[PDB]
Visitor: 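This PDB file has endoxifen in it.
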Amino acid sequence: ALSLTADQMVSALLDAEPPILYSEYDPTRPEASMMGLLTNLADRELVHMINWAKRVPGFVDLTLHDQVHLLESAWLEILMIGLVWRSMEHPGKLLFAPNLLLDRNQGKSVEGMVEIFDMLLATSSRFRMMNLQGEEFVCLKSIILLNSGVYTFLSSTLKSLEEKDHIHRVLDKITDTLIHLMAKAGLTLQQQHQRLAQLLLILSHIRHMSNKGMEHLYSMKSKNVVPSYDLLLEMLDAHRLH
Amino acid sequence: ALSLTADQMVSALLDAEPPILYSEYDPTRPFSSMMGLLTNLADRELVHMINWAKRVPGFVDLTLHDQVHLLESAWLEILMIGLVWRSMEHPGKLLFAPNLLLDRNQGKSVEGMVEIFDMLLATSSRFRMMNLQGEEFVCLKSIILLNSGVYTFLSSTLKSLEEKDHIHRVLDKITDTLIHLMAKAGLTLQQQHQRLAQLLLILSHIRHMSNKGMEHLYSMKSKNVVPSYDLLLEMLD
Ligand SMILES: CC/C(=C(\c1ccc(O)cc1)c1ccc(OCCNC)cc1)c1ccccc1
Ligand SMILES: CC/C(=C(\c1ccc(O)cc1)c1ccc(OCCNC)cc1)c1ccccc1
């Protein structure tokens with residue numbers, strides 16, 4: 001897993017991509033329905049996200065507790081970068097699903113999105129201006145999975161030191177993979193390091209948007225909206241019986 | 001400022017460093033008051049932060065309104081990365097000021113720090129394990145200033161496009177500078193790109209910690225605690 005080539009890593013990540021899901025509304029029927037639609041869509045995406053995470057090279061080498069911690073920290077960032085990616089070719093709008101495309105004025109009335117709708121649109125625009133490639137996108141999504149929770153392993157066991165070292169080794173292999181993609185494309189070494197930094201700085205903005213989103217979700221005080229550690233544990237703690 | 005060499009950029013940033021300030025308490029009186037000490041310390045740091053920002057190459061080429069927007073987004077991240085930096089050589093503790101060093105158990109009783117004390121300690125430990133250098137630290141703090149608010153200008157005027165392009169040129173020049181520092185130190189090209197990414201990924205964690213801190217500050221409902229756009233505007237004028 002730490003022995004994949006860059007091309008093999010990219011191939012693995014592309015193979016592991018989850019599907020784009022639909023909103024569950026009757027398209028023959030005529031608000032506050034937006035949060036209901038989004039909550040339902042995110043619930044169904046989360047199941048596929050768990051399957052995807054298990055195929056990110058290196059991720060299933062971690063303990064199940066550490067897998068759960070990472071997913072707990074990252075899942076809304078991962079939903080949001082997917083949203084931004086799908087919206088890249090739809091300026092001024094967010095493609096929540098192929099049947100749920102909203103513009104900014106419509107977003108103005110979506111619960112919890114008073115700040116974040118415009119932040120997501122700006123991110124999508126930035127991706128378009130950089131001409132972000134699918135291979136780069138899947139690298140960034142893997143980086144979020146591995147990085148977002150790594151500085152909150154409040155554990156100091158020998159095993160935890162081993163876990164963090166591994167996570168940093170996988171992150172390093174993804175950095176190498178991103179650089180290789182840029183070299184294949186013919187970028188100079190200076191352009192490669194500049195572009196690597198541009199992409200990684202966007203991750204800080206995705207964290208920001210996720211924190212603002214999570215603030216809203218907790219404010220709802222709805223028992224099942226933020227996935228619990230124990231729920232994520234049940235989905236990740238698979239048997240081998242299938 | 002887009003014509004500085006990497007070495008000149010580093011010297012400029014090192015020259016521009018703000019001082020380390022002290023907490024204001026009677027060192028002869030007992031101890032227990034932490035949020036009051038920290039809000040006062042942050043208030044006095046903010047004035048020096050504005051002077052520092054104006055010496056970050058490229059920053060004053062921006063409009064006043066865009067300078068305010070950047071500082072409004074970034075100022076707690078900038079305070080927090082400074083805190084993490086001065087705590088690097090104090091494992092298990094946070095050096096809020098040279099006269100205000102608290103351990104983890106003491107942090108347990110500090111308002112608003114139920115989550116972020118441990119997060120700041122983890123960041124300091126990560127800086128120590130990477131052997132972060134002062135030259136790298138000042139580059140990262142400048143990146144935070146230029147990056148944190150750049151995807152929230154919510155403007156598409158020709159002037160705004162010009163402003164965003166400039167911000168990214170300055171960011172690109174700091175990336176070049178970071179890479180040059182790593183090359184001077186003898187890192188291979190592979191080690192350079194890996195270390196650049198490690199450093200920039202820590203910035204996401206600094207954003208996380210600032211958002212958690214800002215949530216607590218807004219919860220205080222204290223009129224002067226979160227600096228207003230208009231207050232920052234007066235200081236930046
Ligand atoms: C930014 C849109 C958004 C959400 C979203 C973003 C990308 C997707 O692929 C699917 C849903 C969001 C995500 C999760 C939501 O509820 C969690 C349900 N249990 C996992 C509710 C809404 C939302 C909006 C307001 C507040 C927080 C998130
Ligand atoms: C992490 C410690 C912290 C803060 C701190 C961090 C680094 C410093 O150099 C100085 C102050 C902090 C910062 C700002 C505070 O009030 C803002 C006052 N107007 C600018 C209050 C506390 C704090 C603690 C709880 C909630 C939010 C921030």
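Quick note on labels: first sequence line is chain A, next is B, and so on, each numbered from 1. As the structure lists them, so they are numbered: ligands from 1, and atoms in each ligand from 1. These numbers come from the heavy atoms of this one structure, side chains and all, not from hydrogens, waters or symmetry mates.
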Visitor: What is the name, according to the PDB entry, of the chain making the most contacts with endoxifen (ligand 2)?
Guide: Estrogen receptor
Visitor: List the other chains that have a heavy atom under 4.0 Å from endoxifen (ligand 2).
Guide: B
Visitor: With a 4.0 Å heavy-atom cut-off (strictly under), which part of B:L76 contacts endoxifen (ligand 2): side chain, backbone, both or neither?
Guide: side chain
Visitor: In the deposited model, where does any covalent bond from endoxifen (ligand 2) land (residue and atom)?
Guide: none
Visitor: Any heavy atom of B:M34 closer to endoxifen (ligand 2) than 4.0 angstrom?
Guide: no
Visitor: Which UniProt 17beta-estradiol-binding positions in chain B have any non-hydrogen atom closer than 4.0 Å to endoxifen (ligand 2)?
Guide: B:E45, B:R86, B:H216
Visitor: Judged by non-hydrogen atoms, does B:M35 sit under 4.0 Å from endoxifen (ligand 2)?
Guide: yes
Visitor: Would you check the N or O atoms of B:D43, main chain and side chain alike, for any that come under 3.5 Å of an N or O of endoxifen (ligand 2)?
Guide: yes
Visitor: Below 3.5 Å, N or O to N or O, backbone or side chain included: is there any such pair between B:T39 and endoxifen (ligand 2)?
Guide: no
Visitor: Does at least one non-hydrogen atom of B:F96 fall below 4.0 angstrom from an atom of endoxifen (ligand 2)?
Guide: yes
Visitor: Given that the side chain starts at C-beta and the backbone is N, CA, C, O, which of these parts of B:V226 lies under 4.0 Å from endoxifen (ligand 2), counting heavy atoms, or is it both or neither?
Guide: neither
Visitor: Which UniProt domain of chain B lines most of the contact region for endoxifen (ligand 2)?
Guide: NR LBD
Visitor: Run down the list B:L232, B:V225, B:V47 and name the one with the heavy atom closest to atom 18 (C) of endoxifen (ligand 2).
Guide: B:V225
Visitor: What part of B:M209, side chain from CB on, backbone N/CA/C/O, both or neither, has a heavy atom under 4.0 Å from endoxifen (ligand 2)?
Guide: neither
Visitor: Does B:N40 come within less than 4.0 Å of endoxifen (ligand 2), judged by its heavy atoms?
Guide: no
Visitor: Would you say B:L120 has any N or O atom under 3.5 Å from an N or O of endoxifen (ligand 2), going by distance alone?
Guide: no
Visitor: Any atom of endoxifen (ligand 2) sitting under 4.0 Å from a heavy atom of B:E111?
Guide: yes
Visitor: Which residues of other chains have a non-hydrogen atom closer than 4.0 Å to endoxifen (ligand 2)?
Guide: B:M35, B:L38, B:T39, B:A42, B:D43, B:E45, B:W75, B:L76, B:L79, B:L83, B:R86, B:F96, B:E111, B:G112, B:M113, B:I116, B:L120, B:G213, B:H216, B:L217, B:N224, B:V225
